[PDB]
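Working notes for the structure below.
All residue numbers given for chain A refer to the PDB entry; the residues shown span 196-1084 in order. When a ligand or atom number is given, it counts from 1 through the structure's own listing order. These numbers come from the heavy atoms of this one structure, side chains and all, not from hydrogens, waters or symmetry mates.
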Amino acid sequence: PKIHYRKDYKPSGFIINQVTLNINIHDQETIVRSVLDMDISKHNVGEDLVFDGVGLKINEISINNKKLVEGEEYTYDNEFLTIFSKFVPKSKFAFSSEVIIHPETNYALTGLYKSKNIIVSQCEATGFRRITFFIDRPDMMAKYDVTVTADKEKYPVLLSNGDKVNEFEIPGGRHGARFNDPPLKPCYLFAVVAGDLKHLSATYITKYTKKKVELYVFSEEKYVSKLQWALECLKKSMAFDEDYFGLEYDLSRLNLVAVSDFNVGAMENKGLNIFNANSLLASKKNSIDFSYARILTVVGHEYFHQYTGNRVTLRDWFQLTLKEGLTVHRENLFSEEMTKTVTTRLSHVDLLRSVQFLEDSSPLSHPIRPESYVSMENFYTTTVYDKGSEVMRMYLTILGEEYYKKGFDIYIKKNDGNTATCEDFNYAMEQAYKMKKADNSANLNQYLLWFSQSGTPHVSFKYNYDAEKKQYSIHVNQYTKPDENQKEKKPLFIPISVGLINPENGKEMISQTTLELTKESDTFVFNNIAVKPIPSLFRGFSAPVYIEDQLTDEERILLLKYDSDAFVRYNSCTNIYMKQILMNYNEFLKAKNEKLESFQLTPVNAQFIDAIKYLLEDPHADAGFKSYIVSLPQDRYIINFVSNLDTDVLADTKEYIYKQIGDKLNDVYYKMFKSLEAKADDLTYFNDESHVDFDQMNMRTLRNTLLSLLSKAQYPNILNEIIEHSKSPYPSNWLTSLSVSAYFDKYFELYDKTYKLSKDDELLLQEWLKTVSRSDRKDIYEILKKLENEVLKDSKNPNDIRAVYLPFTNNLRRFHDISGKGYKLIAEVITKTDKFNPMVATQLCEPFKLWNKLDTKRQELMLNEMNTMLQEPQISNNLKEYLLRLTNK
Ligand SMILES: CC(C)C[C@H](NC(=O)[C@@H](O)[C@H](N)Cc1ccccc1)C(=O)O
Ligand SMILES: [Mg+2]
Ligand SMILES: [Mg+2]
Ligand SMILES: [Mg+2]
Ligand SMILES: [Mg+2]
Ligand SMILES: [Zn+2]
């Protein structure tokens, strides 16, 4: 297993200037003819010409139209084609090959593959080498001339990058299309699509150049009607990049294509973006609300790559966060502007502090720019994406909008036609920083540590107020725990967005202030502070850190009620919950350990419960925000604060806290559930495909959250409400009715009802599967067996497999059954999947990421399953690397 190191980057001894491809798709095989117009680079030292080429069947290879002989002139080991240096020309030459590949049986969904009746490619990161020979790395920029031929009846629509310059008939019912893409691109941005695709189309006229852009969105015939929202999202994305960044689309056409079998959400192939159907297709009748936000995000994200990824590309894969982190940041800005709801930012924070913080405190912890990799397919992590995005967002927080935009424009203008590194971006931002600070001595050298240092910083506070002096002091400390990547951690440049709230009237006491913490600790003093304030810290979640506010619950309640910042209010609530959780957890644990016949639990703070009620009864307050306040922190957030987490004890802890709050608030919950119905379930625009109301969907979120709380509580006659909810036209509602009926004898009645409603839409059926998988059923293991036998069967569709198994892994009480049967189940699924799709197999390992954080027995059980998986003779390099790193081998 070859380990690739960041420090080892060297430019290639070769140049590829032109790629000329002929892709001939037949019934049982695809023939790929390729001519590479090549040259020797200034870095050449007379080395062998080595091409990446994985799983290719060689018919012939040639140099300058002279056929090469195997053994004497070249060797091929199914991974690398080595042409011995003595046979390699010293000037410009043509390398040519004809290879056979088999998309029909390509179940790994990388390279060229078949998804139902569509032939499609996926080349990022190292997939192009599965199509034809190449020096398969992003710094190898080339021009592409691509011809695709296929049966006309089966594959009437042929697509690749660039302009379609010819279409022709071929004897035997075949046809071809030629595509020429003159601008240079890395091979990971190559794509081809062939199928019986239907489309919706629109024309977009750019803001400044006034260029007409053809927008096409494609799917199989059955689902073409579900493409309208994606089209709207694309227009919105183009508009936002123009309006916020002054960036226009540079090409004549943009194609988006939905496929059923896809390893991730989507891929930004230049002018030919390819999507998991679940991230492009939606309808109000056949999609849950989440689909709308999801499509907006994914279409936006892949569109924003056109500049940050496509036009400015990566020098090497270690720079991944430069395109992924930056593009997530760009999508976040976009979505915040489109949705106009505080929940957009809140949801991103919620994900980071649960999923990413877990990763960063696990054996898998890495910086956003890792120092090494074995498998690129394992590199696309929440750290690279989500911490990367927070690192990119901090530049905006530090600089402000005006100077951030200046620095971003500097980055684009300077790097537009070329590859780039993280230092290039930091450099552009530093120029803006120099201009903002009004001195050319200012730098961001310390900021680079955000790229190189792994682990989550802990930021803690102490306060002082002198009433006589009207002087307030905030003393701040930062600390990152040593880990496997750095023994010595260094202080980071941490921007702390702060406000000061007057506890007497809830008013702001100071103007917008961002404290720049650049040392291990610092004291920030404020004069003319008339009364002792309550500090509002890390507004907007201004740095990706553990915040230790050292506030009392009284102070936190005041922020929750009266602060201006959504995040600080949300976080204050989070902190109140966390203090309660830790206390009750310890109480339950002590009782368990000591085998106590009786014991006491600390009740939930009554003024906190009053504050929740206050917020819930406020008409001005955001419905999405309300759904967060009535929900305890994510289990994966909680686990970062507990050693040897006993999952049964945590389940008991949550149960107690919810019961405590419900015992006081259930009547309020019910009243709200009923009063929200009219606006939440409004059908006025149900048949308007383009009318999307994020506030209304948040209202449904709140309703469904409250229904869940009331169902768990066995609120009197709530089954009546559940049954009526099942009759709603909105899948978010009727699928909720299924999940919440888990606590009632009518579960299987609704199981059958909702299955019938879901079965005839591929994506809706997958949503139903997720809903069943996540159902709080005592017989969940029996239900999963039913799903396997009756619905899933031997599907190799990643969406199907992920839907059945992943939501179940969030069942705290059942997945972590002390017998280890949950761990055994998922391990079996991972191993089975690894046989045909190593990438998805590694995704299915997610539950195991917290293995060393659990109680000693569950640690042992999880480790056993991981060692068992590692012992499988046929284990992929993908899965092996991941599990070796996770188990600290
Ligand atoms: C972040 C989300 C909006 C979408 C996300 N997609 C991406 O980030 C794409 O731009 C990625 N460039 C696609 C990708 C992901 C993993 C491995 C190879 C290729 C995905 O999950 O597919
Ligand atoms: Mg093969
Ligand atoms: Mg406009
Ligand atoms: Mg988001
Ligand atoms: Mg299917
Ligand atoms: Zn991306």
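- Lab note: drug at ligand 1 identified as Bestatin.
- Bound to Bestatin (ligand 1) with the most contacts here is the chain that the PDB entry lists as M1 family aminopeptidase.
- Less than 4.0 Å from Bestatin (ligand 1), one finds the following other ligands and ions: ligand 6 (zinc ion).
- Numbered from 1 in the order shown, with element, the atoms of Bestatin (ligand 1) that lie under 4.0 Å from a heavy atom of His500 read 10 (O).
- Only the side chain of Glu519 comes within 4.0 Å of Bestatin (ligand 1), counting heavy atoms alone; its backbone N, CA, C and O stay farther away.
- The organism that the PDB names for chain A is Plasmodium falciparum.
- Among all non-hydrogen protein atoms, the one lying nearest atom 18 (C) of Bestatin (ligand 1) is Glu319 O, 3.4 Å.
- Looking at the UniProt peptide-binding residues of chain A, I find a heavy atom under 4.0 Å from Bestatin (ligand 1) for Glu319, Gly460, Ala461, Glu463.
- Residue-level proximity to Bestatin (ligand 1) for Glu497 is carried by the side chain, the only part with a heavy atom below 4.0 angstrom.
- For atom 13 (C) of Bestatin (ligand 1), the closest heavy atom belonging to the protein is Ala461 O, 3.3 Å.
- The shortest separation from a heavy atom of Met1034 to Bestatin (ligand 1) is under 4.0 Å, placing the residue in contact.
- Contacts with Bestatin (ligand 1) closer than 4.0 Å are made by no heavy atom of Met571, backbone or side chain.
- Here the protein heavy atom with the shortest distance to atom 21 (O) of Bestatin (ligand 1) is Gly460 N, 3.5 Å.
- UniProt's Zn(2+)-binding annotation for chain A and the heavy-atom shell under 4.0 Å around Bestatin (ligand 1) share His496, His500, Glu519.
- For atom 8 (O) of Bestatin (ligand 1), the closest non-hydrogen atom of the protein is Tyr580 OH, 2.7 Å.
- Heavy atoms within 4.0 Å of Bestatin (ligand 1) belong to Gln317, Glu319, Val459, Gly460, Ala461, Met462, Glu463, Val493, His496, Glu497, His500, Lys518, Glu519, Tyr575, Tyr580, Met1034.
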